[PDB]
Amino acid sequence: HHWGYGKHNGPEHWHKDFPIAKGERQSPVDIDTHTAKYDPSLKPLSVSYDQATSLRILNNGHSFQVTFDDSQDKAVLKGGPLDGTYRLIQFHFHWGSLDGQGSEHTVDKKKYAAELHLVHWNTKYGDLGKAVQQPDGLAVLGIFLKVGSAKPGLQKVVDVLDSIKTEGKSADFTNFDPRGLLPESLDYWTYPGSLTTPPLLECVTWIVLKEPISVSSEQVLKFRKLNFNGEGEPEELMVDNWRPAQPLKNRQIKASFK
Ligand SMILES: CC(=O)/N=c1\sc(S(N)(=O)=O)nn1C
Ligand SMILES: [Zn+2]
Ligand SMILES: [Zn+2]
């Protein structure tokens, strides 16, 4: 990709090829707890990942991503702020050059060590391609990572990262259960926003979980061994692959909990 996260191709440059970068509904945002008010009309989130079928894990040059078979309603997200049903297509992470930063969303300006994004598309639009053209096309479930005890459900992921060090490497990754990446509580904040990488389309209902998952320092250090560059190219270490908080502008963030 021509775009990246460095001085010369990072988030400050993106608007030149993707003008919507300066749009009215851009993500991520800061979640200000004084103003993210409880809404009693919000429903409990429904996560049904039991039949999730993972396929591949890859380094795409901006993150590492695990893909899923989205051909039927195997793993779906519904309820919450969502009308209808959204199929899981992939998850990936954003992380920092140190434990003190790396998340895209912030909470009262505080940055977590990383952020997991589980990406889902609205089945009423037929496929991902048409879905991304609709303001309610995607639902992304965002989960913060803090450094603490190890997350057993992340171990299968951490264990193959050394085999996909550079951009374009990938590996077989079947039978991975994404339920193992979820915290205890499904309490959430929600707001209308965008994809946080190009093309930055404003097609996302964001659902950000209040409770972070804990991963061990040992686990998150493996994230930081990845490279933005392809094999044979000059080394550019994949850290700080997060877009900074964008202005909330005229939007409202709602909380599912008090
Ligand atoms: C196909 C697809 O899921 N693209 C995505 S997911 C995403 S993110 N970082 O979850 O908001 N950004 N983009 C461009
Ligand atoms: Zn890409
Ligand atoms: Zn993301």
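We number chain A the same way the PDB entry does; the residues here are 3-125, 127-261, in that order. Whatever order the structure lists them in is the order used to number ligands and atoms, beginning at 1. In what follows, every heavy atom counts, from backbone to side chain, and hydrogens, waters and symmetry copies are set aside. Per the header of the entry, the method used was X-ray crystallography, 1.8 Å.
- According to the PDB, the drug located at ligand 1 is methazolamide.
- For methazolamide, the chief contact partner in this model is given in UniProt as Carbonic anhydrase 2.
- In this structure, the binding site of methazolamide at 4.0 Å (heavy atoms) is formed by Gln92, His94, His96, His119, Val121, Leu131, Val143, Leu198, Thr199, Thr200, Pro201, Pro202, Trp209.
- The dominant UniProt domain at the interface of chain A with methazolamide is Alpha-carbonic anhydrase.
- Close contacts between methazolamide and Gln92 involve ligand atoms 2 (C), 3 (O), 6 (S) [criterion: under 4.0 Å to a heavy atom].
- Counting the atoms of methazolamide from 1 in the order shown, those under 4.0 Å from a heavy atom of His119 are 8 (S), 9 (N), 10 (O).
- Of all the atoms in methazolamide, the ones that sit under 4.0 Å from a non-hydrogen atom of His96 are 9 (N).
- Considering both main-chain and side-chain atoms, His94 comes within under 3.5 Å of methazolamide through a nitrogen or oxygen pair.
- The entry attributes the source of chain A to Homo sapiens.
- Taking UniProt's list of Zn(2+)-binding residues in chain A, a heavy atom lies under 4.0 Å from methazolamide for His94, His96, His119.
- Counting only heavy atoms of the protein, atom 5 (C) of methazolamide lies nearest to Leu198 CD2, 3.6 Å.
- Near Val121, meaning under 4.0 Å from any of its heavy atoms, are these atoms of methazolamide: 3 (O), 6 (S), 10 (O).
- Looking only at heavy atoms of the protein, atom 1 (C) of methazolamide is closest to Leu131 CD2, 3.8 Å.
- Per UniProt's substrate-binding annotation of chain A, a non-hydrogen atom lies under 4.0 Å from methazolamide in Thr199, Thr200.
- Taking every heavy atom of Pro201 and a limit of under 4.0 angstrom, the matching atoms of methazolamide come to 14 (C).
- Lab note - ligands/ions near methazolamide (< 4.0 Å): ligand 3 (zinc ion).
- For atom 13 (N) of methazolamide, the closest heavy atom belonging to the protein is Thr200 OG1, 3.3 Å.
- Protein heavy atom in closest approach to atom 9 (N) of methazolamide: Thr199 OG1, 2.7 Å.
- For methazolamide, the closest UniProt active-site residue in chain A and the least heavy-atom distance to 1 Å are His64, 7 Å.
- Here is the list of methazolamide atoms found below 4.0 Å of a heavy atom in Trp209: 11 (O).
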Please tabulate, line by line, the atom pairs linking an N/O of methazolamide to a protein N/O at a distance below 3.5 Å, with the distance in Å to 0.1, or answer 'none'.
| from | atom 1 | to | atom 2 | distance (Å) |
| --- | --- | --- | --- | --- |
| methazolamide | 3 (O) | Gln92 | NE2 | 3.1 |
| methazolamide | 9 (N) | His94 | NE2 | 3.2 |
| methazolamide | 9 (N) | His96 | NE2 | 3.4 |
| methazolamide | 9 (N) | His119 | ND1 | 3.4 |
| methazolamide | 9 (N) | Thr199 | OG1 | 2.7 |
| methazolamide | 10 (O) | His119 | ND1 | 3.4 |
| methazolamide | 11 (O) | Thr199 | N | 3.0 |
| methazolamide | 12 (N) | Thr200 | OG1 | 3.0 |
| methazolamide | 13 (N) | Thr200 | OG1 | 3.3 |

